[PDB]
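Model: gag-pro-pol polyprotein / ligand amprenavir.
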Protein chains: 2
Amino acid sequence: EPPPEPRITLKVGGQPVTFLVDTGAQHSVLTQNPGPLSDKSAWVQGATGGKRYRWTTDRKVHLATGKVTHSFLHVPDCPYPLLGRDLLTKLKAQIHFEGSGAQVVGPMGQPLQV
Amino acid sequence: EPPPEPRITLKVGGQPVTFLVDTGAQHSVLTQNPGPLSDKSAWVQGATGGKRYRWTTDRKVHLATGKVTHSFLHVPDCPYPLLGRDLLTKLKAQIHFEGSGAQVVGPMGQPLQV
Ligand SMILES: CC(C)CN(C[C@@H](O)[C@H](Cc1ccccc1)NC(=O)O[C@H]1CCOC1)S(=O)(=O)c1ccc(N)cc1
């Protein structure tokens with residue numbers, strides 16, 4: 001069920017979501033229970049092929065850097081939710097590989113977990 | 001055309017490869033003219049579906065610490081090579097978004113002395 005490290009939990013529309021922190025993902029992804037969906041869609045290129053997916057409606061996302069509004073792709077084919085570059089750029093996150101795992105820290109150097 | 005940031009160029013098999021640095025990738029990936037392939041394969045579970053891809057035979061990769069022997073998945077459905085968690089752990093790498101764009105550095109903050 002839970003993603004491998006680097007992972008981070010964020011309050012997304014008043015619910016916790018544990019994301020795989022995914023620097024290779026252009027946009028962020030919800031997989032199950034995405035909440036209300038919008039009418040609009042996008043083509044998603046994955047490693048093994050491409051498919052059309054729907055955008056969620058807007059969600060409040062409680063980033064350590066301050067709350068923002070964000071829409072996610074609803075990708076039920078995807079193994080777990082993905083925190084991609086669209087939100088990492090807002091969070092201004094640092095990702096540190098150390099030991100056999102990885103930890104996320106904020107733009108002030110504050111740990112975002114552990 | 002380079003991959004988006006965060007990206008890094010490493011010598012593989014003696015020649016430079018520019019990777020998208022990808023914390024969402026369990027294993028590192030090459031995509032074009034990969035050289036000799038093993039008889040072995042892995043199931044790759046992508047955002048949009050899954051299927052199997054071949055492992056390469058061993059490659060010399062020049063990291064910061066010097067040479068490592070590493071096997072890559074050959075995934076021609078991927079638009080660019082991916083440097084995954086396997087090698088990010090070996091490199092003890094840090095990824096920073098707080099700068100403009102995204103940058104990748106070593107265990108002590110040096111853009112990789114690779
Ligand atoms: C889906 C995650 C869980 C795993 N993938 C890594 C991801 O970062 C993946 C990398 C990628 C970039 C550009 C085009 C195609 C693929 N980006 C991705 O699909 O972007 C989508 C999701 C939303 O935004 C768009 S993987 O490529 O399937 C993968 C799986 C196993 C190995 N060993 C290596 C790679």
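Chain letters run A, B, ... following the sequence lines, proteins first, then strands; residues in each count from 1. In listed order, ligands and their atoms are each counted from 1. Values reported hereafter were calculated over all heavy atoms of this structure, with side chains retained and with hydrogens, waters and symmetry mates removed.
Within this structure, amprenavir can be identified as ligand 1. Other chains whose heavy atoms approach amprenavir within less than 4.0 Å: A, B. The residues lying within 4.0 Å of amprenavir, counted on heavy atoms, are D22(A), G24(A), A25(A), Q26(A), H27(A), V29(A), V44(A), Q45(A), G46(A), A47(A), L82(A), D22(B), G24(B), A25(B), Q26(B), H27(B), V29(B), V44(B), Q45(B), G46(B), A47(B), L73(B), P79(B), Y80(B), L82(B). Backbone and side-chain nitrogen or oxygen atoms of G46(A) are examined, and none is located within less than 3.5 angstrom of a nitrogen or oxygen of amprenavir.
Per the entry, the source species of chain A is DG-75 Murine leukemia virus. Within the listing of amprenavir, atoms 13 (C), 14 (C), 15 (C) sit less than 4.0 angstrom from a heavy atom of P79(B).
Using a 4.0 Å cut-off to heavy atoms of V29(B), the atoms of amprenavir that qualify are 34 (C). Listed by atom number, the atoms of amprenavir under 4.0 Å from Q26(A) heavy atoms are 24 (O). Shortest contact from atom 1 (C) of amprenavir to any protein heavy atom: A47(B) N, 3.6 Å.
When only non-hydrogen protein atoms are considered, atom 2 (C) of amprenavir lies nearest to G24(B) O, 3.8 Å. For atom 31 (C) of amprenavir, the closest non-hydrogen atom on the protein side is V44(B) CG1, 3.8 Å. Short contacts between amprenavir and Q45(B), defined as distances under 4.0 Å to a heavy atom of the residue, involve ligand atoms 28 (O), 30 (C).
Taking every heavy atom of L73(B) and a limit of under 4.0 angstrom, the matching atoms of amprenavir come to 33 (N). At least one N/O-N/O distance between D22(A) and amprenavir falls below 3.5 Å. At the top of the distance list for atom 13 (C) of amprenavir, counting protein heavy atoms only, stands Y80(B) OH, 3.6 Å.
By the 3.5 Å distance cut-off applied to N or O atoms, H27(B) is counted among the residues near amprenavir.
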